[PDB]
Each structure stands twice: as structure tokens, then as C-alpha cells.
Student: 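Quick one: the structure is below, questions incoming.
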Amino acid sequence: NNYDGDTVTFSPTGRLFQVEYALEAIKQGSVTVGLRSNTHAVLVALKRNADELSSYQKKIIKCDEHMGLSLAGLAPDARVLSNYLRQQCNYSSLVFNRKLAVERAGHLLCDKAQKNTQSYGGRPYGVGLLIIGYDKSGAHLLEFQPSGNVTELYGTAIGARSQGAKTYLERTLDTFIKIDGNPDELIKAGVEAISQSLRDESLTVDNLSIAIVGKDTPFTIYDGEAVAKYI
Amino acid sequence: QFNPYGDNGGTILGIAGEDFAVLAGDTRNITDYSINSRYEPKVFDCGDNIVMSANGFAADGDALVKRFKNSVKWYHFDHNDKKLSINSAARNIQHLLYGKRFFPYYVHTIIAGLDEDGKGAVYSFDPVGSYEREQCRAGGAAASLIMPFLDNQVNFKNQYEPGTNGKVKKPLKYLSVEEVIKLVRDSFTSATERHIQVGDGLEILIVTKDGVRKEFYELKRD
Amino acid sequence: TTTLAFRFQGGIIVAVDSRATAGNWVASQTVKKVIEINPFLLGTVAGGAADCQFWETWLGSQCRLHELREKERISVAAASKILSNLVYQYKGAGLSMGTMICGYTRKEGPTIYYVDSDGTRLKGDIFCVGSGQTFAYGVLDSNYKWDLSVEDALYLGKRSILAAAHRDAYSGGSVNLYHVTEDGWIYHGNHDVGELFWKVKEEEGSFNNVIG
Amino acid sequence: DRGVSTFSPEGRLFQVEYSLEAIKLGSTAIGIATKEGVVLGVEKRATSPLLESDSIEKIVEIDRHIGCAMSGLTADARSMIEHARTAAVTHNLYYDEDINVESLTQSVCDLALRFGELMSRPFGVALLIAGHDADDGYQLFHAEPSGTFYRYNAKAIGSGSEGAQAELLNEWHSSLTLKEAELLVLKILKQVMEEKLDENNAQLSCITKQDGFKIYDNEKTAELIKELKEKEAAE
Amino acid sequence: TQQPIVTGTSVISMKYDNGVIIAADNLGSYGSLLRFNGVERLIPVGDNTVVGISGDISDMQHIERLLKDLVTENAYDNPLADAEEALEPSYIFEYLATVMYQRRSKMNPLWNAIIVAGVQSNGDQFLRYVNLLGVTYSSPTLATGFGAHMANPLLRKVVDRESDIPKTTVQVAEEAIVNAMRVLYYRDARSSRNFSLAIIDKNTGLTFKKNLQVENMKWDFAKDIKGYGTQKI
Amino acid sequence: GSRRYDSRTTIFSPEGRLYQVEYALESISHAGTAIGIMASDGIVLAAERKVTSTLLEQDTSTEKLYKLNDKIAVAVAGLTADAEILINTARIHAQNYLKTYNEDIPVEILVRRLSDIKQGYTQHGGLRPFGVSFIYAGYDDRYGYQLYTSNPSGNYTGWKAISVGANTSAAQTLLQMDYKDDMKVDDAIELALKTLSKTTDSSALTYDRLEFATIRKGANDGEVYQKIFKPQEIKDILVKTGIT
Amino acid sequence: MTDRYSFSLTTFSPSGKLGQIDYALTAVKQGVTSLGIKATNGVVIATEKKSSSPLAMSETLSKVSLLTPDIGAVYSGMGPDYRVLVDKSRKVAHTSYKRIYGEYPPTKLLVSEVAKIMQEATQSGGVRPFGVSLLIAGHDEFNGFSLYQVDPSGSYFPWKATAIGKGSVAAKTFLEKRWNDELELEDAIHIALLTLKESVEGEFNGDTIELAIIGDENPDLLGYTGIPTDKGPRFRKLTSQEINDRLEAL
Amino acid sequence: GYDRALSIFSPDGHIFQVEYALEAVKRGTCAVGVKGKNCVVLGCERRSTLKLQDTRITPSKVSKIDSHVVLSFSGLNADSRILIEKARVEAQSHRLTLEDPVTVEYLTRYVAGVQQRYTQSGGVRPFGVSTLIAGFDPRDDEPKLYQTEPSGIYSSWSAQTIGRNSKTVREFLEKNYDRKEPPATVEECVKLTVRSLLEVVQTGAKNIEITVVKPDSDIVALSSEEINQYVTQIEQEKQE
Ligand SMILES: *[B]([O])([O])[C]([C][C]([C])[C])[N]C(=O)[C]([C]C1=[C][C]=[C][C]=[C]1)[N]C(=O)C1=[C]N=[C][C]=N1
Ligand SMILES: [Mg+2]
């Protein structure tokens, strides 16, 4: 109300409204789903189009051979943050000959987003990210919120109508975690999860976007007729 | 006074075939009259069907290769996983080298691969980024021993056809991968005999449309 | 290195050798010492190989940006001055460049500018640059006229490089010919000195000193 | 007052949303992509008859293989074009090749959100970036001041955009020829323009693989306008 | 640009079937003066790496602090700091190699020759060299300074190429190292009798041996040597 | 943050006026009246000190008339402290020009420089403008005797006769009535004092409430002399013209 | 962090007033009375030592300050602002003058430098004006004795005599009747004590009054001998005893 | 430094500071530009509220940027000096690097670019100035006339006016100026320029300034008497 003019102002109840408004931009964004087993980690994203003549906005970005994320909200902010991850993943490789740990990648994103919430002049990031990766401690899935809060999960979903996919994963928790050494079945579970967040529209060939990373599987994105298999 | 440069010896050789390319280099690494390693890889696969070697001062050589490999990675990120063509790689390397014009990478760089028409390609660089596409190039310590042999046996220089006596040149027939590898091996055996910084082992990287293959051969260890 | 360029009735002739050396070692015989900046501008390179390539390649980017911004091709004067102003910033740092910027425009006609890493910028009708320039000058000055046919002018330029390729130890390899006209430059082939020498000796009756 | 980089309660940047309103007031620009080329057309909209209409430059060349049309506060586009031209040429210098249309567009859109309290406000202009490369072929992009860019088969921006976009919705198909696209741009421009369409108050352009980016002469466009009138009167 | 002041001499090392051995004497020389007799030049990093350093001792102590700090930093927000995400020899080396080349490139080098010896997560032997110029190389045997000239020849008689590594036991390898240390004491004028030796085995872990001495030396034949040619008495 | 407290000194009103410039001019309209009159053989500068006291040391006081160089002088109207900042800048500028070209600075060039500084404060920086209006009286070998004025907007204009400060409307009407082109310095001196005497808000015009100066070619041969009048000299000229 | 107040906090109101300067002058009005009187052979400056507590040692607080050996200052308004001004005034007398010309600045020029500092606080970014009016008395070889007032605006005027602060209106009227151009220093001190008594409520003695003079050179206060051209400071602060002696002949 | 964003968008998509800068131009004295077949003429209004002025030394409304290009304006006078100075520097900088004087289009594009930069830079307000830039390109006999405005947009005009009561004089020019046959001579062009100002000016005495620019750096400013002759001839023909 009077305490939402900038990010440097607490409300009387201890709330940061500019951060909460940035959080709102994610809910307006298109749905995306993340889930993993012990061997693989999968991202499934519902891409959004402006109209029938337009292309479908890309939702998944690669950060390294073993790490990448999906976005929901302001795409340019996701480009800034993904670019930052690319550099951090790359710094770890060049200096330490070491693939960046997914947990540590989340810590870096948290600290970068935080600086924007405490300083005057700047603004919070207007995007949420689902980071997947495979490092020395197996498969991982992270959820990034622009408040700074990063959370390691078995599965999750963000965007509009994401609650439906999140409930599905909460029921399927015991099943999909056990899908080891089988990428196609893990993707199926992800495609079935994101389907719970759909209304009116359904998954078409240029609508769906899938990515995967695993034990002997580099981070690779699937679009177009490559995902027709899973429709 | 601190001298930031050194000489790690060694020698490299690139030859461009009709539908393939090879980049060879000895595996010996030295300082002065001492051997550091008998097997220290010098020719690297940099992705996108490109092989590279930066012979001379190894610290600068490793730095350059590392930075080019990095350049290939960021080329994919920035341009939708587009394949970096050998001609584009060569121009990129010029800017890396000339970037340190006033404190140079003390190396003779050679890259090899295939051009966009699928033909074999070798590009050669000086330390400050001047480059040129060539059919044939030896670089490093024993380059002066090997290049003349290649002018003769690859480009058929000073060779004419019997009976005509200097009138008709020897025709420039193409060389197969088996024929090239023979010339590479003899080049390095000869260089090893007369150059003290060359020896121990020979490692050859062969580039075709199918990918990058490796071959290793022993050299004299004295 | 030997590079020359001269104005005449039929536009400009540009001729260069092909040799590159590191001390007494012949590094290359196949070096492209003419740089195609655009369909109407040529640049000759002499001195430091990297300095000349990098900055003349760079010059073409600046000329392209000019005609995008001004909807009009860059003048030879402006193109040459971009290069000369650039190298002048680096004066003292140790750049080694000797270049001719050759081109044709409506307002200027055929124009040649000598540009130098010391910052020298000179307009002129005839120029020879490189370690073998003096040898080229000898042939060029004794045979030059404004009223030369494209065919005869080309030969003179070719012959002047040959003269230098013979005598100057740091020049040789082959001769690259270019002919610049109202409608742009025209490439006239790579001429190997190993074959061109014996051809010229026999046909022209010159080089009676040498035995063949 | 209030921050320039402030979020609204709905989760949108105020300044970005307000710049979009300025673009709606701008003159109409239409782009149509085909397999034979991409066509760009604009409404010139001269404020007075004494204004020499040929000096109105709302269609612009970025490189030989990339063109650009604008709509909104057209003065803001000049620095965007300069950046685009530099990016295109610089990439050719570093990599000895033409730059991808998407990569060019991405470079332009990186400027968009570099505003705060860098420049003091977002751009008040939308761009239709059309071009061709070897990888993805003929392409049309819509670059906004939000930093977002969508690829389009066809797109209209400016004052008559929603009306024109609805018309492009029906008319566009994947087998359009270049000649058909040219007339289609002229047809839709004539529909949404206040003043009557002619060669002096409307401009055409295209980008083909062979000839590259070309702005059409007023004599060439005049024939296409005359060709349009006859084919509409034909039925 | 500087000059080295207090200096450490040869660091020698070699691979064997299950790991690596590294050794270096306990001397800190001040030119020709054998100033400091209790200097440890082998510095362990975790339980899987040992960094052997020669050259300038003040710069060695700086590097020692960098490694100490590296362990601390790695532990931050790292539940697997003592397990899967523990520091590897390859990580430690690459870090040093980055620093050494950066410092030489600023014309202000760390005046050292460094050998990182250790065992990786998968049981692979790690042995690589780096120096003030940022020059790096790996080999079945590695040595710095006088070791390069005298130790390597002896150690290469044991492991001449890669295929000799599985054939070399820890007893044979240690014996060769200890012998090399004796030879260096005979012939290096800036060496000491006291030295440290470290073994990093993939089965038995890190064994760090301090206060070793060169023994079984041959000097008796000196009594028979008289004059420099013609002298008999 | 800090934005909350920013007055925004460099913005346009809806009408297209610069708020702070307009308000600075209002400030100057309450300042002591200063008059400049240019003649064929010299320039006069007259100015009224504001409600003085009997205990003010007049002979060592200077609030209105300042010397920029040997050829140029200024009359101030507004904040004295602001004026001195600009005066010291102008004095330096004149010396820089003299060092560079080895010639005294042309009057207009100096005036333009100060006017450009004032302009800068109205367009950028976020600072308040200088609440000062100058009357420049000077000479150079190009245009001869020149009168200029500048105000907080950074706009300057040339004059034959001009007033700044208080009652400029009444003052300008009186000058416009009695001024002629063939006028001389002695006549201009009288006009200046007569104008102040009528427009003054004081009961009577006296020597202690005035600063006075002339720039004359009335110097031995082809050269220019600046005369800043002393208290006793102002008293004499007041009797001569018949005001006291 | 960073000082993000790069804009003026003093601005022109619609009426043409600079509010913060007017308000600074209001703060000066509330301040304790101080005055200055110029004689033929000297200058006197004086003020009341308004002690905030009887436990406080009022000797440690110096309202009258030496700026140079021949220049002194006193104030009315906010004491802390005065203290920092004195520090800057002393330093600027060295940096902008003595380290260049090898001699102390004349009164008017030092005043000009002080004025400049106070003007900048009236226009620069992120600052309020100084809430003090200064009375600077001093002497120099070519201008002789002088007395200057300096206001929060940076404006400064030379005075024969004046007063500032609480009861300045009444005090200035009192001085107008008593002042003439033939006053000796002792006569000015006598008038200063009379004028100051009117504005003081409580105790009136050497311990509650601070008074200094710019007069003859004091070779006893120089601290060294051997240089004829150095004759000692003209500034002298009167002692508690020296004030009381003149209060008996009052 | 002062970094405050003064020029910003409003809910209806307007930048008020740029629009209020146009209102300052609306307040400024009228300026007019008319191009003939082989010449361009720049007319300017001088408000007669200011008498007792010294017309020798008073800044003239038309300013030379180079020997072949001129610039007049409407709006804030102090702001116009900053644009003129920058333009003059750029004109010499262009001659230095390109070895050729600026085209009228290029100089306009530069001035317009500066104005634009001030509409999205922190801590600065836009220029309260619109300019008319006229002249002839080097070795070219085609007349050039361009206009700029605070927003940074610029365009070429056969004839154009700016400033106060510009709406009226634009109305006059729109009916009187024929594109197919523009003022063939210098006389005809000056006459049409004076006529257009007489719709607004008030008195035709010292209130009208005229500057004629011809090819090959041939620029001249008309005197009071020369202009007065045009004023006399126009009104005598009107009495019919
Ligand atoms: B020419 O002789 O100037 C020639 C032209 C250049 C473009 C190849 N220069 C060189 O051959 C120089 C050496 C040199 C010799 C004589 C005069 C001036 C310079 N060589 C190189 O620049 C060079 C580059 N890479 C490898 C070896 N040499
Ligand atoms: Mg050998």
C-alpha cells in the first residue's frame, strides 16, 4: 500500500511487497514441471505463444553439460540468471577442473537474487527457475524463487495452475523416484504431471518442451517432432 | 630479471587431405637439456570436429587451447548450438592471439578439420595472430627440417616427369589417409634423428566426417 | 616484400609478391598480400603480417559500417584516414605496417594512399613498398606512362614484382595482380615466379646474366 | 515519486507497460514471412503535406541479410539500429560469417531492460526484425522494450495492430509467394491507415537470400498498388 | 619481478601400482648458507593429496595458506565435504596451476616449482608438476631442480613408461626414492641429510613420514684418494 | 530512498517554464536596482545598496560592482555570495584567454561563458540555479563599448541602456524616454542617477546607499580606464547633478 | 550506501525565498547575543558564555576563536557548526594563502574564503546551510583594522560596529548612539561591556563573559626572539581578571 | 552524480518532460524555412517587446554551423547555444576525419541524436528547442531543409515553420507553396518567406530577419532596408 514503492521498504507486518509482486509475475507465467529419480532428472515445460502466427516462447536453457533450468516469468531475467550460472559453472571448470555442484549453484543464485532485494534503486528478479543437474552426488532438482529462497526437491512445478501438477507429484512421489535407468518412463511421468495443470488447451508438437540430464546423459533439450513420441 | 617465457620444445604437423585432415605432434616435453615428460599430449580435440595444437611455450599453449575450447562452448550458447566452422574458428583464434599483441602467446598454432564443403582444411598461425589456410604445414622446433620434405613429397615441388626434362611438371595427384600417415611418420622419424627436442612418441589425430580418431606411434627416446 | 600500385589511363594496377620470412627462414610462399576490403577498395600489406591483416580486416568492418550509416560507399580518402588515425593511436607501441589503400569513386576517380605505421599518409600516382621496393621502382619508373593499355600496365606491374622477387632475398613466391576500374577491382591471377621467370627471360630476352 | 524499475501489484514493470502504450500510438508496421522471402511494410504518416515523405525512414538496413521496421517513438530506435549494425559487423569480424537473425535480435533485446537509476527509461519503440540465415532460413522477429522477442510468421505493430493481426490471422498460410505477401501487406496497410494508401505515404521492403535486403522504389510500389486495386475489383 | 631469498631444493616423486610417493628435504637455504634445518616442504591437503614445493620459502608459506584456506572454503555449505565433494588432487593442482600462470602473467611470479601428488576418487594416481612460469606436465616420475637431473634418471630405471606402474610395488618405489635422496645428498650442495617422505596409497591412505635421514653412505674410499695427480703421500 | 526529498530543480512546468529559473528571477526582483548606460565615449554603471545602516563601513564595502579584468566590470543583482562564485570563475576565464591568445578577452566571449555556466545549472546536475543577474560593462577593439545582461536562465542580451533588480519596469520606461544615441558619459551619469532617484523605494537617494562606476576612454590616449567611485566621489557627483 | 543526495536541499520557493537560509537565520536569531566594535587602534569582539550546566567547565568551551595571529572570530547560533567552520577557516588560511604567499591572509580575503564555504553549503548536494552568523575581526598591513559579518547565505558585510543573535535589534540601536570614528580601543571595550550587559539575564562577570581584541602586536605572546620583522600576534583573548577590572570602572 | 530519471513514461504512454519541452518551443519566437529551386531562405521573428536593444551585438537567431550550413531555432535561447556549439564542433571533426564537410542531413542527424540522448539520460531534462537546419551539401546544387524537435525526431521539408503562431504560417505556406514549381529565384523565395511572417509578425520593421543561403558556401543576411522593400511591395500589391 504505502510500503510497496521500492524493495528497500518493510511493511508494518514485516513483508516485502516488491518481492511479493515479483513472485506474482511467476504465477502469471506458463506452467513448467521438474522431477527426478536416482539416475536421471527431467524438466517438462509448457511453452506459451502470443498468437497463431507467433512462435512458442522457449522455456528451457542449458547452463552446462551436466546442468540446466526451466523458467517461468520474465524471460529476460532468466537469461541474466542463466548467464550467471553458465559463468559460475565455467569458472569451476577452468579454475578447479571441477563440475559445479547443483546445491552450490543454488546457493549462488540465492545470494545473487538477495542483493537485489536489500539495495535501493534495483529490483527483484521477476522469474522463478527449476534447476536440474547430475553431479558427484547423483541427480538433483532445485526450485528457485526471486525472494532468494532455493529449495532442493524430488519434484515440483511453478507457473499458472502449477498446484495441479504439484499435487500429482506428491501422490506419485514413491513411484517416479524409483524410475532408475529408464529416461522415457521418467519423462512420461513428467508429461503426465504437467497435464494436470492444463485447461482447454492440450499438449501439441510445438507446444511441449522437454529436457533431461542423467548418469550417462548430457543436458539435452527436446523440441518439435522430438517430443511427438511423448504426446 | 624474470623471464616470463620458456621453450618446451616439441614439433607439430598438419596435412590436409581431399576429404580428411590430420594434425600430428610428438609427445616429448622438455626444458633446456632435460626431459620433463615422454608422454604429454599436445594435440587436442576442441569439439565441432576441430583439432588444435599450440606448440612452443607450453604454458601459453595450454592457456590458448583452454580459451579456444571455451570460445567453442560460448559459441554454442550464444548462437543456438550452431556448429563452429573451421574458417570461423580460425578467425576467432586470430583475435585471441592478437588480443595479446603486446605480450604474445609464444606459440605456433595449427588447427585442422573440414571446411563447409566437406574438404580437408589446415590453418596455420604465427604467435600474434596472422593466419593462412594451407594444404600442408609443420610447426615448432623441427619445422625447418620437416617443411622442405613436405614441399617435395606433398606438393611435388621441383619434381618433373621423366623424358621431358624440366618441361612438364609432376601432376598434383591427391593423397589418401594411408599415404599421408606414412609421410607423417617418416617426417617425425627423420626429425627425431637430427633434432634433440623431438622424440619419445608420436600422436596423430585424424579428422573425417565420421569424427576424430587417434593413432599413437613410438619414437626414439634418446 | 614487394608491393606496388600505380594510377594510369585504365584506372589502377596493384601488384604484390607472396613471400613471408622469419629471419633467413622462408615461412610461406603463398601469402595473400592484397586484401579485398570491398568490391571497390584494395589494401596492400607489408611489414608485420599480423598487424597488417588484423587492422586491414578491421578497416573493412569500419568501411561497411560507414556505408550502412551514410547510405553511400566510403571514399578512398576517408578509408585510408581511418587506418592512418588508428595506427597513429598505437604509435610507439611497435606496430609494423606499410600499406597502399587503392580504390575508385565518382568524386575522387582512381586514388592511391600510402599509409604507414609511423602515421604517414600520402596521396600519389605511383608507390612501391617493402624490402624489395627499390628493385620495383627501377622497372616501374623507366617504363611508366599515363597512356598505358590495361594489358601493358598489368604486365609492367607483374614485371616490376618479378624484378624484385629475383634480387630481393625477402621477396618472391608468386605475383598477385589486381586491376581497379570505374566498376570495381578485377583479379588477374596468381603467377608463380618459378615459372614466370623462365617465361619472361625467354620471351622478353631479359635476364641475359642468368643462364637458362 | 516512485522508482523507475518498480513492479506493479499484478507483477509487471510499470515503465515497460507504459512504453507499450506509446507504441500503440505509433504508425503501423507490418511484416510477413514466407519461404521465398520476408516482406516489411510501414505507414509513413506525414504530419503535413509540406513534409518530404521520402525522408521518413521507418524501414532500415541492419546488414545485407537483415532488415528492420519500427513503430512508436522512432527517435529511440536510432541507438538500437546502431547497436544492431555494430553487433552484425562485429560478429562478421570475429567469426568470418553472417550472424544469425535470432542472435542479432537477442543482442538488441539485451539493451531493452538496461534502464534504472545505463539509460533512464525503456525504449518507446517496437521493432520488426526480418532476415535470413543458412540455419533457420527466412525469419521475422518482434522485439519489444520488455526485453522479450517472439518469432512470427506474420506480425503487425502500431496503431492498427490488433485489427491488422486479425486480418493476418486469416490470410497467412505456409505456401505464400513473395508477390502475394507484398500485396497482402499493402492490402492490410490500406485497411488500417487513416489517409488513402499510395506510393508516397507507404513504403515496402523485402529480404531475399539472393538479392539481400532491399527497400522498394516508389515506382515499384506504385505498380503493386495498381495491381492490388485491379485484383480487388476483379471479384 | 623478484629474486628468491630463502630457498628449498629438490622435490622428487614417482607413481607405483596403488598410489604415489613424494619426498623433499627439510632445508631452507639462504644462498650458500644452510640457514634453516627444520623446514617442512611437503604439505598435505586432506587425506588424499600432498603438495611438494621447492624454490622460495616465503612464497611456499603463502601457497600453504592458500591451500589451508581452500579446505575451509570447500567445507562451506557442503554436507559432503568429507565424502563425495571432498577436495581432489586434480582440483588442488588446477587451482595452483591457475594461480601460478596468472602471477607470471602479471610479471610477479611465485618463485616455486610445485609437484602435486595424490590419489583421485576412483583410485587413479595423480602426479603433476607446475612452476613459476605456469608450465605444467605429468609423468610417471617427476622431480624439481637437481632432482630433475639426478633423481629422474634413477627413478626412470624403475618406471620407464606407463606400463611399468602396475609392476612397481610400494617397497621398490620407496627404496628408489630413498636412494635418490642419498644421491642428492652426495651431489647437491644445497641439500640436507634430514628429509620428509609421504606415501598416498589408495588402500592404506596417507602415510606421512617425518625426520628421515640419509643412511648407508659410502665414504670409506676417500682415505685412499691422495693429492690431485702426482702426489703419493 | 533519497528520491523522496528531491525537489527536481531542472524540470519544465506544464506551460513550458523552468520553475527554479522563474522563482530565482522573483528573488532578483527584490534585490537592489542596478543600472547600466552605454554612451559613445564610455559606459556607466550605477547601483543601489539595499537598506544600509549608519554603522556599515562603506569605503571598504563591495556588494554591487565588481571588476572582472582591466577592461570589463559587472553590476550584481541578487545573492551576493552566488555572484562571487561566478565572478571568480569569470576572472579565471579572462586570464585563461589572455594566457592562450596573448590578447585580452572579448567582452561577449566572457559573457557567453558565464551565461553557459548558468544554463548548465538549469538543464543538469539537480542543483539550484544561481540567483544572480549581471550587467556586464566592458570594452574591446572589435565592438568597442558594450553592455550585456545575463540572468539565472543563462540567456544573455546586448543593451544601450538597461536595468536589473527591483523596479526594472519603472526604470526601463524612464531610460527609454530620456536616452538618445548621440549621448555622452557625463549625460549618461546624470540619467543613471536620475532614474535610480525616482525608482528607489527609499525616501531619498544619498551617497551611502550607492555604488557607482564608469568605463571611459577618458584615459591618456588610446586606452581604457575603469573608475570605481569612492564614497566621497559619489557624494560629489550627486551634488553636481543636483539630486542632493 | 554512497551519498545519494546529489541534489540541492535549498531551493527557491514561488515567492523567491530560499527557505533553508531564512530558517538558518531564524536559528541564528535564537542564538546567544554576540557583538563587535571597531576602534581607531583596534577591534573588540564579545559574547556571553551561556553555560549549559554549572557542573560544566565553561573555560573549555571557546566561543571566541583565533583564526590567524591577527584575525579572530565569534558567533551566534549553533555552536557545533561554528566549531567546524573555525577548523576549516584555520586550514583554508594556510592551504589557499600562507603556503602560497608565505604570509597570513588579510581579513577580507579570509572572510571571503569562509563565506565561500558557507555559500557552498547553501547550493551543494545533500547539505543544509550553516546555522551561524560569524563576526570576524582582524588586522592586516595594507587594510588596517576591520570587522566583518558573515551570514548563512555566504553574504558578508563590513561593519564599524554591530551585533547578532538574541538581542541584536536593541544592541545595534545602543551601538549607533555610542559609536564614533574617534574611539580608542579601551573606549570600545567599555562600550562592548555596556551593550552586552543589556542582553544578559543572570551573572555578569569575567567567568560568564568571553571577550577578545585585535590590537597592538604582542611580542610577549610570540614564543621566540631573534627576528625583528616578527613582532607577535595582534589577537589577544582577555582574561577573566582583565574583564572584571574593567567592570569596576563601568 | 545526479542520476534522477526526469524523462519517464506516464500511464497513457506519454513522456511529459518531452511534451512540456515542445510547449517551450511553442512559446519561442516564430522561425520559418523555405527552399526555392536554387536557394534556401530562413526567416525569423524578433518580438518587438524588447526595444533599446543593441542589434549589432545581440545574438542573431540564425547561426552558421559551417560555411555551407546554417541553423535557426525556436524555444529556449540558452539551450540552443549548447546544440549549436556541439554541432559546430562535430562539423570540424567531420572535416578532420572524413576530409569532407558534413552533409545537411548528417549534421541534422547529429543534432537530433543529441536531443534524443537528453530524453533518456539520467539527471538531465530535454532541450526546449526545435531547430531548422538548412544548407547545401558539398559540390551539390540541390537545396536542403530539415527540422528537429526535443523528442529527437527529424525530417526534411519543402517548407516549414516552428515557434509561436506557427500553426497560422504553416496554414499560409500549405496553400501558397507549390511543389511542382517552387520559388525559381532568390527574390521569389524571400518574398514568400516575408509574406508568411507578415501573417503573424505584427509590424514589418525590425521584427523580421531574413537569411539567404545559396550553393557553394554563399550565405548572406539581409539588412533592414532590403527587407523593408519586400514589406512595402507586398502590401502595395495587397491593396487591390
Ligand atoms: B614482407 O617481407 O614485408 C612480408 C610481408 C608480410 C605480410 C608477410 N613480411 C615478412 O615476411 C615478415 C618479416 C619481414 C621481413 C622483411 C621486412 C619486414 C618484415 N614476416 C612476418 O611478419 C612473419 C609472420 N608470420 C610468420 C613468419 N613471419
Ligand atoms: Mg631426438
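Chain identifiers are assigned alphabetically (A, B, ...) following the order of the sequence lines, protein sequences preceding nucleic acid strands; residue numbering begins at 1 within each chain. The structure has been trimmed to a portion of the entry, and contacts are counted only among what remains. When the header is checked for method, it gives X-ray crystallography, 2.9 Å. In listed order, ligands and their atoms are each counted from 1.
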Student: What is the identity of the drug or drug candidate at ligand 1?
Tutor: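 PDB records call it bortezomib (bound form).
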Student: Which protein or nucleic acid chain has the most heavy atoms near bortezomib (bound form, ligand 1), under its name in UniProt?
Tutor: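 It is most in contact with Proteasome subunit beta type-5.
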Student: So, with a 4.0 Å heavy-atom cut-off, what else is touching bortezomib (bound form, ligand 1)? Just the chain letters, please.
Tutor: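 Heavy atoms that close belong to B, C.
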Student: Hey, which residues are hanging around bortezomib (bound form, ligand 1) within 4.0 Å, heavy atoms only?
Tutor: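 Within 4.0 Å on heavy atoms: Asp126(B), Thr1(C), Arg19(C), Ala20(C), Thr21(C), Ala27(C), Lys33(C), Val45(C), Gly47(C), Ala49(C), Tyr170(C).
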Student: So, is there a covalent link between bortezomib (bound form, ligand 1) and the chain here, and where exactly, residue and atom?
Tutor: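 Covalent, to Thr1(C) OG1.
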Student: I'd love to know which residues UniProt tags as binding bortezomib in chain C are close to bortezomib (bound form, ligand 1), meaning a heavy atom under 4.0 Å.
Tutor: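 UniProt binders with a heavy atom in range: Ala49(C).
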Student: Curious: how does the deposit label chain B?
Tutor: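 PDB name: Proteasome subunit beta type-6.
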Student: Can I get the nearest UniProt active-site residue of chain C to bortezomib (bound form, ligand 1) along with its heavy-atom distance to 1 Å?
Tutor: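 Going by UniProt and non-hydrogen distances, it's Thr1(C), 1 Å.
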